[PDB]
Each structure stands twice: as C-alpha cells, then as structure tokens.
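Here is a PDB entry that includes ceftriaxone.
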Amino acid sequence: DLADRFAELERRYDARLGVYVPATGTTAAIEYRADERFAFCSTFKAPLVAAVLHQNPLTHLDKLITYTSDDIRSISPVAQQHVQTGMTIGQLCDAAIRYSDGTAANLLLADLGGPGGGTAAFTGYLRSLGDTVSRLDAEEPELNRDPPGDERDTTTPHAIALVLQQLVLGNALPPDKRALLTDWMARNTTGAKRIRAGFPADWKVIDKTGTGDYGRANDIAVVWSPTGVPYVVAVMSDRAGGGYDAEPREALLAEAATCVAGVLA
Ligand SMILES: CO/N=C(\C(=O)N[C@@H]1C(=O)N2C(C(=O)O)=C(CSc3nc(=O)c(=O)[nH]n3C)CS[C@H]12)c1csc(N)n1
C-alpha cells in the first residue's frame with residue numbers, strides 16, 4: 001500500500017530501501033524491509049556518543065585527546081584542523097555527530113576502550129538498550145566497506161530506529177546528557193538533502209546521516225510535527241547491484257521521507 005511506493009522508489013533508483021517508523025499512540029508502525037540488515041556507516045556515531053555520555057560524567061567532555069596525522073583515516077573535516085591542538089571529548093562528540101567526523105568517531109571508540117578499539121564495548125552498549133541485532137566490528141573507514149550480505153557493521157531499520165527512540169525521546173540518558181545528544185543532532189550539517197529535505201519545513205528534524213560504498217546512504221532522524229508530536233524515522237539504503245563503486249543517491253532518502261510525512265500528516 002505504502003509498500004507499493006517504497007518498492008516503486010527502489011525500482012527508480014536501483015536500490016534496496018529499508019524504512020522504520022516506530023508506532024506511537026495514534027499511528028501504526030511503518031515497516032519496509034524494516035528488519036533487514038543495513039550497514040551503519042556513519043549512523044553509528046549518534047549512539048556512539050551516547051555510549052560515551054552514558055559511561056562518563058560530564059566532566060569527561062573536557063578531556064583533551066591528542067593524535068597524529070597518521071590517525072586521520074577518513075572524512076574528518078574537524079579533526080584535521082586540530083592535529084596540533086587535539087580535541088576534547090566534547091568537541092570529538094560535536095565533530096562526530098554534526099560533521100560525521102570519522103577520526104573523531106574512532107577516538108571516541110578508543111575512549112570506549114577494549115577489544116577491536118572499542119567496537120565490542122559499543123556493540124555492548126547497544127545491547128544495554130535492547131538491540132540484540134546490531135554490531136559494529138571495524139573503525140572508520142573499513143566499517144563502510146563490508147561486502148553485501150556480510151553481517152559485520154550492520155543494523156536494521158527497526159533496530160536503529162528503536163535505539164534512537166530511547167536515546168532522544170526515552171530515558172536512555174539522563175536529561176542533561178539527553179540535551180547534549182539532541183542539540184548536536186539538531187545542528188547537524190550533513191543531512192540537508194536526506195530526511196530533512198523530504199519533510200515540510202515546519203516539521204522539526206534532528207538527524208544523523210550515514211554514507212558508505214555500494215551506494216550506501218542512511219539517515220536516522222527524530223521529527224516533530226507542527227503540532228509537536230515526535231516520530232522516529234529510519235531510512236536506510238544501498239545500491240549493491242552496482243558494486244563497491246555504486247554512487248549513493250540522496251534523492252532516494254528524500255523521496256522516501258516525503259512518503260513517510262504523507263502518512264504521518
Ligand atoms: C546546521 O548546519 N548548517 C550549516 C553548516 O554546515 N554550518 C556549520 C555549523 O554548524 N558550523 C559552525 C559551528 O560549528 O557552529 C561554524 C563555526 S566552525 C568553527 N568555530 C570556531 O569557533 C572555530 O574556532 N573554528 N571553526 C571552524 C560555522 S558554519 C559550520 C550551514 C552551512 S552554510 C548554511 N547555510 N548552513
């Protein structure tokens with residue numbers, strides 16, 4: 001019914017689209033490939049900073065972290081500007097959410113500590129939320145590179161939407177920490193052509209994007225209707241049929257999102 005447009009959209013872009021909007025009191029859950037595994041790509045950075053916040057007192061945001069140019073291995077628009085000074089955990093969080101900074105995410109994982117540079121603690125962190133499905137296995141940028149069907153570094157639209165749900169609308173974080181996670185997503189700079197572009201402007205949209213190879217383009221978001229009702233939208237997509245080199249298509253995420261808005265209005 002709405003499945004007919006999502007599959008319609010998949011045909012248009014030669015894509016696989018996963019969509020999840022958790023049910024509220026007034027609205028029914030929206031499921032499209034909701035429980036199929038998609039790659040996190042950079043979408044993991046939002047629950048990752050929640051992993052850091054949850055584990056640490058606010059005072060920890062001021063911990064200065066140093067690193068070398070050798071640590072800068074992926075898209076890091078902020079971390080490159082700070083090889084000489086380093087960054088505090090807080091700005092690493094800021095960098096990780098608002099600019100999808102990959103090196104900043106890697107150091108936050110290292111701050112999570114432990115095996116695989118913190119990927120097991122981060123997976124462990126998702127389990128604490130009730131997400132038994134997801135796993136992060138590599139750091140940036142290898143986690144964007146797993147071949148299709150490989151279960152490493154994947155989540156599901158269902159799984160991630162519910163994780164975000166407790167992070168932003170629930171009680172996964174104390175209120176003062178919840179406020180920090182929400183504002184970074186709210187002033188994120190990377191999702192203007194994705195979920196945000198499909199909803200009317202008078203809807204509020206906070207989001208964290210993800211992009212990888214095989215045409216992988218994700219956006220996880222929390223949106224508020226003009227009346228102020230919150231919904232969570234998971235939109236995930238890849239274009240594996242085109243190989244490692246498949247171009248990501250943002251139009252797919254904006255088009256799909258509009259469909260969601262049409263049903264949520
Ligand atoms: C909500 O995001 N919208 C954006 C966008 O990408 N802008 C970014 C955002 O939020 N930015 C911020 C900052 O971090 O505050 C800034 C400041 S960044 C900065 N601050 C310092 O104090 C410093 O010492 N050095 N630097 C580099 C300007 S735009 C960028 C945008 C860009 S053009 C346009 N019309 N919108």
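This chain uses plain numbering: 1 for the first residue, then up along the sequence. Read the numbers this way: they start at 1 and go in the same order the structure lists the ligands and their atoms.
Location of ceftriaxone, all copies: ligand 1. Short version: main partner of ceftriaxone, named per UniProt, is Beta-lactamase. UniProt substrate-binding residues of chain A with a heavy atom under 4.0 Å from ceftriaxone: none. Under a 4.0 Å non-hydrogen cut-off, the residues that form the binding site of ceftriaxone are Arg98, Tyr99, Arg187, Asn188, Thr189.
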